[PDB]
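Caption: nirmatrelvir (bound form) together with 3C-like proteinase nsp5, bound form.
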Amino acid sequence: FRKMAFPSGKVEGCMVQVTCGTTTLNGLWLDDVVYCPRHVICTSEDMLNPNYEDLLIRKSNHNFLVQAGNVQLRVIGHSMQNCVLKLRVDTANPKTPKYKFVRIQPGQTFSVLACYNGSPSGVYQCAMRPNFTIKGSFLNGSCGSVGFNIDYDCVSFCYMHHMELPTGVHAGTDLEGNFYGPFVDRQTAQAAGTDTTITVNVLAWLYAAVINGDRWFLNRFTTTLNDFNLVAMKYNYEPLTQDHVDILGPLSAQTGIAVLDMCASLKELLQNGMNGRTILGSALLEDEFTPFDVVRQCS
Amino acid sequence: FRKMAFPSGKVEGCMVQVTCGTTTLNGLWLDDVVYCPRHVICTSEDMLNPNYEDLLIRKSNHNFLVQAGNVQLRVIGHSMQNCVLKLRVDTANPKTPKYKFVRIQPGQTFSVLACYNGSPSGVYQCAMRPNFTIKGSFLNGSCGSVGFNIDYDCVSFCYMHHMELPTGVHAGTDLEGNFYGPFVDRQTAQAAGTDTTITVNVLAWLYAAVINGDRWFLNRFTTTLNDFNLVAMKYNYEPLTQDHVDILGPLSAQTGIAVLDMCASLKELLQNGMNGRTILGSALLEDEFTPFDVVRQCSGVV
Ligand SMILES: CC(C)(C)[C@H](NC(=O)C(F)(F)F)C(=O)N1C[C@H]2[C@@H]([C@H]1C(=O)N[C@H](C=N)C[C@@H]1CCNC1=O)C2(C)C
Ligand SMILES: CC(C)(C)[C@H](NC(=O)C(F)(F)F)C(=O)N1C[C@H]2[C@@H]([C@H]1C(=O)N[C@H](C=N)C[C@@H]1CCNC1=O)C2(C)C
């Protein structure tokens, strides 16, 4: 049972390089617009305390160098939408897929295509954490890499990468330029809210463990939804709603384990610990598989 | 530190579907040849005990339905090479990347593009285990999905998927049709052998830890390679080869920790355990990152 990303090719054909001065990062080229993080306009010194509207008014179209592979795209217009810059170019991208911009909910997952200098580097799956950070793998020059999901050849872009917090987690925006979380695109010490664990995802993953034949954590105890939620809150787990119970329906029907029965197992896991044992090869309870991710891989 | 697959676009453009009878699986379309598992020619009853040479004699070019999407590619020739079928088609794939076929060693990792009906579905990173299985995610119809690495726009194909063993792990061939491990493409009682831990990759993981400042496990001991190999096997760890010592060269140089010093550090971990501390925030020693994977992730390769 593996974390599985979507095939990245439809996104690869959209990645370009954007340079302003000596600051270079990635952009997303859809039709005749390139989307990229607005801090491309900052000198490394500007990033310490930027006034973006002031910085942007001092730029012309010619200050932006957009490279698609070896070919330069002429910038014929620019505007800022929140923390994203939209560069109108003189060429429409022939590989533009059917796409949508979506803002995802905490606990949902997406694939990241990490890129450097407009060139794709690697692909992996992330979840939007409850504190609105992601546990990614990004280095210098990765900004403008995007997160996405793919549904019947439609790419739903949900994340553009902007920054790494001192704890090593990552923060970014939707494609309208609005940050996930209480962060700002300024080079200054920033911390996230205390994180919490995505309960419905842990349950989905326990169902995956049972499907794959691992049942040592199961029990005969029972719990009500409210009593489970009291324990979840005590252990910094997110509340489980009735909608989550409904969403876990198919996995519950497939394994014959009632949702509240799996909740009772999780409650004892939180209260007893894992006694050094593992589940699906993991020494910790995994919360980055949604119920959808689990069904898509088991079914 | 996380499992990063290669971008899959160059491989997606090569995936087709191959049907013989009612059996559909995936094929790899490079230039004017489609490569696929030979059991596409079997009926469900055939797979229980197939004679591939005679079953292939009873097939002709016009028995093979090869489709890119729903577009049929006319088959103009067929041959069998080990457990792969090679179907010559009348159209050269314009999306063919620069490519090589390679046979990998246990411990080496690769990206898998899981496909169904010729349509790519997902991508993930896999390590070839010492017992010649991969811990993959493959459902019905996944056969012919491929594994690959990339280096500077050259795709090295190393795996084609054929089967699932009862423990849930997966087995297949190189692109010349030779199985990894003792497996055969027959629906017969087969089982994965006992597995071992990939020592060279654990060591790479230890170097990755050191690079990030997590180095409590660096001890004052060293060892010889032969002494280490003999002890590691008592802990179900693979012995190191000379090639393993050399592939750890770059990480040894970057950290200044000699390979045999790191072997001595790992030996102490095996002999005394962790003692309730973690490495890279884990109580388990990870063995599915190669030394190249560590450098690839810590650098910005393409
Ligand atoms: C870690 C760094 C301290 C230097 C800083 N972080 C914080 O200032 C914080 F603490 F507020 F997060 C930070 O990320 N940036 C500083 C400057 C941009 C951003 C930045 O360099 N983005 C990179 C885009 N190519 C991706 C980074 C590089 C390392 N890994 C990544 O993911 C902006 C906020 C404008
Ligand atoms: C698990 C199955 C019992 C049915 C059987 N296994 C064993 O007979 C073993 F136990 F010996 F391995 C087995 O896999 N096959 C039987 C028959 C081919 C192969 C097969 O169906 N391949 C599928 C290709 N599309 C991929 C499979 C589907 C499930 N998950 C996968 O990956 C061949 C060996 C010729």
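The chains carry the letters A, B, and so on, in the order of their sequence lines. Just so it is clear, chain A uses the PDB entry numbers, and the residues here are 3-301, in order. Numbering, chain B: per the PDB entry, residues 3-304 in sequence. In listed order, ligands and their atoms are each counted from 1.
All instances of nirmatrelvir (bound form) are found at ligands 1 and 2.
With heavy atoms closer than 4.0 Å, the chains neighbouring nirmatrelvir (bound form, ligand 2) read B.
Atoms of nirmatrelvir (bound form, ligand 2) lying under 4.0 Å from any heavy atom of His172(B), numbered from 1 in the order shown and given with element: 32 (O).
Of the heavy atoms in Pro39(B), none comes closer than 4.0 Å to nirmatrelvir (bound form, ligand 2). Within a 4.0 Å radius of atom 21 (O) of nirmatrelvir (bound form, ligand 2), the protein has no heavy atom. Summarising the contacts of atom 31 (C) of nirmatrelvir (bound form, ligand 2) with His164(B), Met49(B), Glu166(B), the nearest heavy atom is found in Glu166(B). Every atom of nirmatrelvir (bound form, ligand 2) with a heavy atom of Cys145(B) under 4.0 Å away is listed here by number and element: 22 (N), 23 (C), 24 (C), 25 (N), 26 (C). Residue contact check: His163(B) has heavy atoms under 4.0 Å from atoms 26 (C), 31 (C), 32 (O) of nirmatrelvir (bound form, ligand 2). Residue contacts with nirmatrelvir (bound form, ligand 2): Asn142(B) is included, with a non-hydrogen atom under 4.0 Å away. The largest share of chain B residues contacting nirmatrelvir (bound form, ligand 2) lies in UniProt domain Peptidase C30. The closest UniProt active-site residue in chain B to nirmatrelvir (bound form, ligand 2), going by heavy-atom distance rounded to 1 Å, is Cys145(B), 2 Å. Residues touching nirmatrelvir (bound form, ligand 2) within 4.0 Å, heavy atoms only: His41(B), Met49(B), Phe140(B), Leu141(B), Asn142(B), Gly143(B), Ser144(B), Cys145(B), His163(B), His164(B), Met165(B), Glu166(B), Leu167(B), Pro168(B), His172(B), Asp187(B), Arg188(B), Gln189(B), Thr190(B), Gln192(B).
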